[PDB]
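What follows is a model of Broad substrate specificity ATP-binding cassette transporter ABCG2 carrying bound topotecan.
First the proteins, then the strands, lettered A, B, ... as listed; each starts at 1. Note that ligands are numbered from 1 as they come in the structure, with each ligand's atoms numbered from 1 the same way.
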2 protein chains.
Amino acid sequence: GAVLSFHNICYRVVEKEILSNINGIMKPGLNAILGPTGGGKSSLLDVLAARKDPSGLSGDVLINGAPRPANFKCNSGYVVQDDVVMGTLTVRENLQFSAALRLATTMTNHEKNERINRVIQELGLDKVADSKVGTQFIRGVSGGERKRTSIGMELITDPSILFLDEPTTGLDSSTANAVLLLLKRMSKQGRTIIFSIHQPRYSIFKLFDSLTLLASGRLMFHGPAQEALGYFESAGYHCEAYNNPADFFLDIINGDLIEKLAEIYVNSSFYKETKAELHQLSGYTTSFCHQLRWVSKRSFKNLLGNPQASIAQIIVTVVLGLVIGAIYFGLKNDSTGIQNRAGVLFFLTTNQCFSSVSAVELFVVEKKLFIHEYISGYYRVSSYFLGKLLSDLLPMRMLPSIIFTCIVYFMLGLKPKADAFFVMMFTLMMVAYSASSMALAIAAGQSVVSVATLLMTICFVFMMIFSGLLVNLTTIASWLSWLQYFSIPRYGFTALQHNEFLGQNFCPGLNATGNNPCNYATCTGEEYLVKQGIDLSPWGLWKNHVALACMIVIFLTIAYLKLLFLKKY
Amino acid sequence: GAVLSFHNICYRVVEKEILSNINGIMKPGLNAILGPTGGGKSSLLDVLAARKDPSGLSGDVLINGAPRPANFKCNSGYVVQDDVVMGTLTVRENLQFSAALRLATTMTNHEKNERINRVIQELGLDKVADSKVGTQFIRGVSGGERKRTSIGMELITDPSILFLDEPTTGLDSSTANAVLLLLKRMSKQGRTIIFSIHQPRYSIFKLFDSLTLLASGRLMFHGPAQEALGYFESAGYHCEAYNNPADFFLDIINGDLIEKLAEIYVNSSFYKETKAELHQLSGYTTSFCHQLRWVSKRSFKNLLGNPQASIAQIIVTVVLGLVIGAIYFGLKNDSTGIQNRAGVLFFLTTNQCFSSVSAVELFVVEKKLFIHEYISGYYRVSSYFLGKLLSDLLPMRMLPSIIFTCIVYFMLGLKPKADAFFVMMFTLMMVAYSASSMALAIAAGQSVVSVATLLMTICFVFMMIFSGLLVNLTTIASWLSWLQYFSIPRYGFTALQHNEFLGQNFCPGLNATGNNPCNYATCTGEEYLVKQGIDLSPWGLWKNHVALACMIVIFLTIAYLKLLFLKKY
Ligand SMILES: CC[C@@]1(O)C(=O)OCc2c1cc1n(c2=O)Cc2cc3c(CN(C)C)c(O)ccc3nc2-1
Ligand SMILES: Nc1ncnc2c1ncn2[C@@H]1O[C@H](COP(=O)(O)OP(=O)(O)OP(=O)(O)O)[C@@H](O)[C@H]1O
Ligand SMILES: Nc1ncnc2c1ncn2[C@@H]1O[C@H](COP(=O)(O)OP(=O)(O)OP(=O)(O)O)[C@@H](O)[C@H]1O
Ligand SMILES: CC(C)CCC[C@@H](C)[C@H]1CC[C@H]2[C@@H]3CC=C4C[C@@H](O)CC[C@]4(C)[C@H]3CC[C@]12C
Ligand SMILES: CC(C)CCC[C@@H](C)[C@H]1CC[C@H]2[C@@H]3CC=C4C[C@@H](O)CC[C@]4(C)[C@H]3CC[C@]12C
């Protein structure tokens with residue numbers, strides 16, 4: 001099988017050392033890593049799996065007599081403590097996704113289906129193959145079945161070496177025993193299993209083949225688990241009956257010293273033998289389009305399977321549209337036309353902007369899953385970005401603009417032409433895309449959602465002040481005027497005003513005989529636009545969409561560069 | 001000491017029964033309640049402590065031979081699974097609060113200080129008496145010390161009977177052993193301790209005096225913990241060595257049936273004896289002002305000790321004020337005066353309204369603590385309400401109005417009089433109070449903050465539409481006009497407009513010789529007000545503050561009635 005031999009490890013993580021001097025050999029079977037919570041057990045596991053940065057590593061990890069290959073992460077499985085499976089998807093769907101992106105595309109779909117069937121049969125999930133996994137807060141298969149599902153996702157590719165972080169934490173005692181019996185059955189086949197656990201039971205402990213006890217980043221013991229109790233008893237720490245030996249081992253460390261125990265081990269017979277053995281030993285699959293298609297498919301299934309959020313936004317949009325159509329019904333070309341028109345346009349623009357602060361959750365929620373799957377070799381950092389946008393961003397943001405315009409444009413009696421209807425729709429869509437893109441840029445590469453939401457809201461109100469309606473931008477002083485070019489709402493609102501007010505007359509029965517509206521009237525739409533600082537040329541309408549497009553590109557590029565330089569280790 | 005004898009309990013919680021037929025006697029010592037998670041162990045604990053509604057209870061709880069007194073909850077302590085201590089306060093401060101509200105006011109402060117010193121010495125917290133407890137996510141004393149602090153808060157009043165829900169869950173093994181040794185020391189004094197635990201160790205289990213095993217709402221065993229293993233072994237379920245007997249007992253239930261075990265117990269020698277014994281046995285301190293003072297003091301200390309949130313809001317307010325003063329600097333009485341004035345007033349009003357959706361967290365965050373302390377007899381439901389308002393609501397909402405007005409009123413060149421400055425300040429303060437009150441009304445008596453925040457934002461935008469600026473309320477149709485009287489921003493904005501536009505002239509060099517501004521000019525402020533639908537009489541300014549005050553009263557009363565009828569059991 002495989003023999004993962006680590007020798008003289010020292011990891012320095014501010015320069016702290018969480019693993020000091022750890023050497024051992026993990027032969028095939030069911031190997032273990034025990035110790036207190038603060039001990040470097042998960043850290044050692046990651047070090048052996050190469051899921052940790054090589055910066056601090058100061059030792060030689062050597063598998064089956066040769067240095068670790070570059071494709072080790074891809075050829076070896078790793079199971080997370082908290083399952084990352086997609087609740088909205090069916091078990092077989094998740095297994096199909098993993099098979100699609102990990103296994104070679106040369107394999108035909110029939111062969112992959114056979115492989116998935118084999119794995120499902122082995123884990124014993126055949127009954128619940130076609131059932132939704134569930135969020136573990138939402139209803140679905142049981143927690144043990146979710147854990148089995150994760151194990152299967154990693155088992156698709158026939159891994160020789162398999163790592164497991166806390167396989168039994170949060171599971172019930174019966175479920176935990178079931179999981180570990182399953183792992184023992186897997187190990188009898190020759191697959192080397194390496195895992196870390198917390199507070200095991202003697203029924204569990206009786207199944208181990210090797211034991212690695214860690215405390216405060218030091219090696220208290222490495223050897224067969226059966227002989228560990230004899231070793232400690234020989235050291236003088238006698239054990240009482242009806243006491244789980246694992247608890248006794250932890251108790252010795254707790255003191256109910258550490259360097260003394262480490263030296264005792266160094267003088268053991270299990271250390272010189274291990275030294276002799278170690279001295280003897282020492283001296284992308286898939287194309288870009290495939291990744292994009294599958295990640296987009298998974299995202300769309302997640303969107304449909306959990307429709308509570310999207311449906312609510314659609315409902316709110318429709319209700320607001322029907323209310324606004326009734327309130328502003330029958331806009332008139334009289335003294336009060338200007339106020340109502342400007343007000344409705346302002347409201348639509350700001351509603352499109354402030355409703356886009358819900359895009360911060362697009363990447364924040366799925367951060368751990370993204371990191372795990374990138375390290376495991378599922379996909380590139382580009383395909384994830386493009387697919388997630390194409391699935392979760394384009395349609396949701398493209399809908400509200402269409403709904404609003406179709407509902408309100410003819411109830412309100414706005415311009416009766418077709419050239420203007422689609423300009424309005426396009427303008428609103430671009431505003432929404434730009435605002436959502438700015439949200440992604442700020443919120444990308446973060447795990448906390450609160451701060452990003454606060455920042456987004458503050459920035460948007462500051463932008464909204466510098467829109468035309470509230471301040472008359474021609475009045476603002478020079479040393480603060482330039483801030484208006486950094487406003488998303490300004491461009492959209494200006495475009496809508498240019499589209500609507502060009503041609504209207506708001507003076508009933510002027511008769512223009514004296515030709516004098518008293519110069520303080522605002523009798524015509526063009527006069528209002530010029531007094532507001534807007535340009536009546538056609539370029540004045542499109543120099544706003546140009547800016548919105550450029551802002552979209554800039555923000556999306558920033559978000560990509562933030563995901564690409566994120567720390568994934 | 002005390003002998004809490006329960007007999008023939010049946011609790012029906014939709015009519016489900018989670019406790020079927022449970023009888024037992026809990027003599028002085030260190031008694032226990034074990035079983036699986038789904039078993040009614042916490043439910044039984046609450047039933048014995050009277051923290052559960054008497055509706056479902058169908059049995060006789062009898063303490064020391066007499067029915068439970070009405071003041072039982074006050075004379076008996078109860079410790080929650082998740083500690084509710086205030087992190088922002090020092091240990092001694094929390095103990096002082098509990099002593100102030102639980103112990104009689106007749107006791108002098110010197111005696112109470114001596115009592116607190118005794119308790120601190122007993123628990124062994126003397127070293128960390130003057131250290132902040134911490135949130136357990138923020139730095140502070142260790143988790144074990146927080147648990148000891150809770151135990152002390154309950155131990156202030158010298159309870160004869162003491163209840164503990166999961167005293168050791170989340171604690172480290174060494175810390176758990178320390179806590180339980182402390183409880184054993186307390187029990188040797190004659191105090192009857194009753195507690196529920198999960199997955200104990202044999203070191204812990206060796207300390208028990210009585211055992212009560214529950215599974216699926218049925219009594220598997222009640223008797224001395226020492227004899228339990230012999231009982232089960234006699235039943236045929238032999239036990240292996242190096243296995244914790246608690247785990248063996250749970251394993252028997254897991255099956256690695258229940259009615260069979262219950263019948264076996266009914267035929268036991270520990271059941272007839274208990275029946276014989278049971279048959280033998282059967283056949284506000286403080287004034288309102290004190291409560292208000294102390295709850296307000298605690299709230300203020302919590303506000304100062306965690307200043308990250310308040311400081312940020314103050315900073316945002318100041319920054320916005322200084323930006324707005326620069327943008328709108330030197331308002332002129334010309335064609336563009338009306339727009340800028342109306343815009344700034346609108347912005348200030350809506351900023352005061354939308355910034356008050358952060359008040360939903362005032363009561364949502366401290367819901368569990370409020371319920372626990374009300375049931376324990378700390379305070380009334382009125383004193384908590386008034387004190388929490390007086391501490392957390394009045395100052396925070398009263399500051400921003402003052403800051404905004406003082407900064408901007410003279411930079412913008414608004415009315416140069418004093419009568420108007422304070423009208424503006426008062427108007428803004430009332431708007432903020434009314435909006436925050438409406439937030440409290442909706443969010444009161446809830447544990448989830450998301451839904452309330454969404455509702456608040458939606459209601460506020462709907463209100464903002466019906467303000468004067470965007471819609472010209474004189475245009476709206478009759479069957480929808482009446483919705484304007486339910487708008488908080490409308491009243492404030494109308495008041496500010498009435499205060500500012502009354503007397504201004506926005507037509508430079510009219511010369512009024514022909515006396516014709518063309519009737520479409522809006523040459524004067526009064527003309528703008530009347531065209532907007534506002535009343536120029538002085539009553540038109542104050543009929544808005546009257547409405548705001550009435551809304552404040554209505555919403556606060558609603559919130560109180562929602563807290564008073566909340567389910568606390
Ligand atoms: C339109 C008034 C105002 O622009 C202002 O000038 O003062 C401050 C402020 C405003 C609007 C909004 N907010 C504010 O703080 C928060 C907010 C949330 C909104 C939401 C909820 N977002 C947080 C996504 C909507 O769905 C639609 C419109 C929304 N409008 C606003
Ligand atoms: N990236 C890091 N930065 C700083 N300290 C770290 C980092 N990774 C580990 N450590 C430290 O190394 C020590 C070991 O932590 P460790 O990972 O082993 O926790 P664990 O409880 O044993 O893991 P698990 O519960 O998942 O099995 C800790 O003190 C931890 O703070
Ligand atoms: N107010 C309630 N409404 C509905 N069901 C309830 C209520 N209180 C308890 N139950 C039910 O009674 C059963 C027992 O739950 P229980 O309180 O004992 O959980 P527990 O794990 O044992 O408590 P703990 O962990 O804190 O020690 C559960 O099925 C629970 O859903
Ligand atoms: C760099 C980051 C922070 C994003 C900021 C980009 C902003 C400031 C840039 C991006 C593209 C720019 C626009 C590009 C084209 C023109 C047309 C010109 O006739 C007027 C200015 C205008 C309208 C620019 C204004 C500033 C602008 C909107
Ligand atoms: C239960 C909730 C919705 C409370 C909101 C109640 C509102 C609708 C009530 C409370 C007090 C009321 C005001 C009381 C006094 C007057 C003066 C009168 O000359 C005009 C109406 C006006 C201004 C009322 C309008 C409606 C009003 C503001």
Just need the ligand numbers or chain letters for topotecan, all copies if there are several.
ligand 1
Okay, with a cut-off of 4.0 Å on heavy atoms, which other chains neighbour topotecan (ligand 1)?
A, B
Got a sec? I need the transmembrane segments of chain B, numbered from the N terminus as UniProt has them, that have a heavy atom under 4.0 Å from topotecan (ligand 1).
2, 5
What is the UniProt domain of chain B where most contacts with topotecan (ligand 1) occur?
ABC transmembrane type-2
Out of curiosity, what organism is attached to chain B in the PDB?
Homo sapiens
Could you help me out with the residues around topotecan (ligand 1)? Anything with a heavy atom closer than 4.0 Å counts.
A:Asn351, A:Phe354, A:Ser355, A:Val357, A:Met464, B:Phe347, B:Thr350, B:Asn351, B:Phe354, B:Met464
